[PDB]
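Beta-lactamase bound by meropenem (bound form).
By convention here, the first residue in the shown sequence is residue 1. Counting starts at 1 for both ligands and their atoms, following the listed order. The deposited model was determined using X-ray crystallography, 2.3 Å.
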Amino acid sequence: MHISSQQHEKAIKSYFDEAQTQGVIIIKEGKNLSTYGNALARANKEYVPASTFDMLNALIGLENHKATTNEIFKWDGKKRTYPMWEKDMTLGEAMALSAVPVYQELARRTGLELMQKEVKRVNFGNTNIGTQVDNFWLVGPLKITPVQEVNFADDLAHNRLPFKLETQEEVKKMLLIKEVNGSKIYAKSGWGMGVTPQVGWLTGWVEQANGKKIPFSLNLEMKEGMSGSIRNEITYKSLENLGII
Ligand SMILES: *C(=O)[C@@H]([C@@H]1NC(C(=O)O)=C(S[C@@H]2CN[C@H](C(=O)N(C)C)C2)[C@@H]1C)[C@@H](C)O
C-alpha cells in the first residue's frame, strides 16, 4: 500500500522494456480499468484474438452440444506444427496445449452459420467472422481490443456471458494455469503468427484466496525468435508488483 503509483507504473513498463517488446496489461479491479506497460495506446487498438478465441469456441461448442468435457478428439495422424499436437485429446487438454487443429474441428462442427450468430450474440470484439469458419480468429476478420478482452475475461470470471452456468464452469476448469500464494490464475495465451506484426495475448483473471476475481489482459508484439514464456513472466511480475498475487 506504500508504493507510489508512479513506481508501480515504472516497474510494469520496465517489464515490457526488458523483453524488448511493446505491450500493455489491462487490469480490472471491480469496475475500475487500469492500463500499464510501455505502450499504453495499444489499449483500444484491435488485434486478432488468436488462441484467446479458444475460450469462446469452447463455450459455443459445449453449449450447442458439438462436444463434451470427456470426448476424445482423435489425431488424424498427419504431421502437425508441434509434436505435442500429434495425439488424441479432450477440449481441456487442447486448451492447455493451444492445439488449434482441435479447435478447428470444433469450429467445423459448430459451422459458419451457428458460429456467426453465436459470436454476434456474445458481442465479441468486432463480431465479424467472415466466410471461413476454421481460421477467422487467426488471420482476421475477427478482431478485438485489449480492453474488450479483459471485459470478456471479467464476464467469464463472473458467469455473466449468455451461456449456461454449467458451460461457463466447464470452460473455466480448463483454464487453470498457475497457483501462487493461495491465488489461482486462470488464463488463455495467444500468439497470432499469421499476421504482420505478430500479436501476443494472455487473457484471464486471478482468483484471490479471499474470493474476489481480478481480470487482466496482457497484449504485446511478438518478434519471431522470442519466447512464449515472456507473456507469463510479464503478467506474473505485474500482478505481483501490484500485490494482486
Ligand atoms: C494460438 O494463439 C496459437 C497457438 N498458441 C500458442 C501459445 O499461446 O503459446 C502457440 S505456441 C505452441 C503451444 N505450446 C508449444 C510450446 O510452447 N512447445 C513446443 C513446448 C508451441 C500456438 C502458436 C494457435 C492458433 O496456433
- Query: What ligand numbers or chain letters correspond to meropenem (bound form)?
  - Reply: ligand 1
- Which chain residues come within 4.0 Å of meropenem (bound form), judged by heavy atoms? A50, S51, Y82, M84, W85, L97, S98, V100, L138, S189, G190, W191, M193, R231
- Task: Output yes when a protein non-hydrogen atom is found under 4.0 Å of atom 21 (C) of meropenem (bound form), and no otherwise.
- Result: yes
- Query: For atom 16 (C) of meropenem (bound form), what's the nearest protein heavy atom and its distance?
  - Reply: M84 CE, 4.0 Å
- Message: Give me the nearest non-hydrogen protein atom to atom 5 (N) of meropenem (bound form) as residue plus atom name, then the distance to 0.1 Å.
- Response: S98 OG, 3.1 Å
- Message: Out of curiosity, which residue and atom connect to meropenem (bound form) through a covalent bond, if any?
- Response: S51 OG
- Purely on distance, is any nitrogen or oxygen of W85 under 3.5 Å from one on meropenem (bound form)? no
